[PDB]
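What you see of chain A is 1-107, where the numbers are those given in the PDB entry. Counting starts at 1 for both ligands and their atoms, following the listed order. Hydrogens, waters and symmetry mates are skipped; everything else that's a heavy atom, side chains included, is used.
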Amino acid sequence: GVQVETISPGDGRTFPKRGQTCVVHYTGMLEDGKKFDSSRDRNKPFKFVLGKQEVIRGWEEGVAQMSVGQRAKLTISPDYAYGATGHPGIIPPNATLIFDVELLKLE
Ligand SMILES: CO[C@H]1C[C@@H]2CC[C@@H](C)[C@@](O)(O2)C(=O)C(=O)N2CCCC[C@H]2C(=O)O[C@H]([C@H](C)C[C@@H]2CC[C@@H](O)[C@H](OC)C2)CC(=O)[C@H](C)/C=C(\C)[C@@H](O)[C@@H](OC)C(=O)[C@H](C)C[C@H](C)/C=C/C=C/C=C/1C
């Protein structure tokens, strides 16, 4: 599944609803592995609509329990991420992923 561990607390009040646009900064890495992406390096926040299956399952269920301002470590098992196929050319089969995610605001 996805384990959410808090790095910095959010407001504890404003949680995303399905259909809202979530605005975040993230860094992704393979568990005990290489870092493969970071929006911080580009300083362009990443945006996605919650509930529409635009992103992997671990983000759908992990960010839905975060409040605005929260920063958290999400550890996501292969079946909540790219599973047995991986993501062509970047993520191998059966990879556990770790993301540092900061929920900046909702739109
Ligand atoms: C250049 O950087 C990429 C992001 C890269 C891709 C490679 C991976 C290692 C990675 O580095 O991100 C990464 O760190 C990662 O694993 N991410 C991105 C952050 C959210 C979590 C995860 C993910 O789910 O990626 C996603 C993953 C790779 C594929 C999806 C996983 C879930 C599944 O349900 C989807 O099928 C529908 C496919 C990529 C995304 O977050 C982007 C936003 C979404 C898509 C491309 C699809 O949902 C697409 O459907 C056709 C859409 O409906 C979109 C909105 C349509 C518009 C025009 C296209 C936007 C494209 C922007 C893409 C961006 C910024």
Tell me the drug found at ligand 1. rapamycin
Main partner chain, rapamycin, name from UniProt: Peptidyl-prolyl cis-trans isomerase FKBP1A
Is atom 19 (C) of rapamycin touching the protein, meaning some protein heavy atom lies under 4.0 Å away? yes
Nitrogen or oxygen of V55 less than 3.5 angstrom from that of rapamycin: no
Organism of origin for chain A (entry): Bos taurus
Give the atom numbers and elements of rapamycin that come within less than 4.0 Å of a heavy atom of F36. 13 (C), 14 (O)
Specify the protein heavy atom at minimum distance from atom 12 (O) of rapamycin: its residue, its atom name, and the distance to 0.1 Å. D37 OD2, 3.4 Å
Sub-4.0 Å atoms of rapamycin with respect to non-hydrogen atoms of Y26: 12 (O), 14 (O), 18 (C), 19 (C)
Which residue holds the protein heavy atom closest to atom 33 (C) of rapamycin, what is that atom called, and what is the gap in Å? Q53 O, 3.6 Å
Sub-4.0 Å protein heavy atom near atom 23 (C) of rapamycin: yes
Of all the non-hydrogen atoms in the protein, which one sits nearest to atom 48 (O) of rapamycin, and at what distance? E54 O, 2.8 Å
UniProt domain count leader: chain A with rapamycin: PPIase FKBP-type
Can you confirm whether some protein heavy atom lies under 4.0 Å from atom 63 (C) of rapamycin, or whether none does? no
Looking at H87, which atoms of rapamycin are within less than 4.0 Å of one of its heavy atoms? 7 (C), 28 (C)
Establish whether atom 2 (O) of rapamycin and some protein heavy atom are separated by less than 4.0 angstrom. no
Atom 60 (C) of rapamycin protein-contacted (non-hydrogen atom, under 4.0 angstrom): no
Please report which non-hydrogen protein atom sits nearest to atom 28 (C) of rapamycin, along with the residue it belongs to and the distance in Å to one decimal place. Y82 OH, 3.3 Å
Does the protein put a heavy atom less than 4.0 Å from atom 56 (C) of rapamycin? no
Heavy-atom gap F48 to rapamycin smaller than 4.0 Å: no
Does atom 52 (C) of rapamycin have a protein non-hydrogen atom under 4.0 Å from it? no
Test item: protein heavy atom less than 4.0 Å from atom 37 (C) of rapamycin: yes
Which nucleotides or residues of neighbouring chains are within 4.0 Å of rapamycin (non-hydrogen atoms)? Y26, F36, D37, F46, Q53, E54, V55, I56, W59, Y82, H87, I90, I91, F99
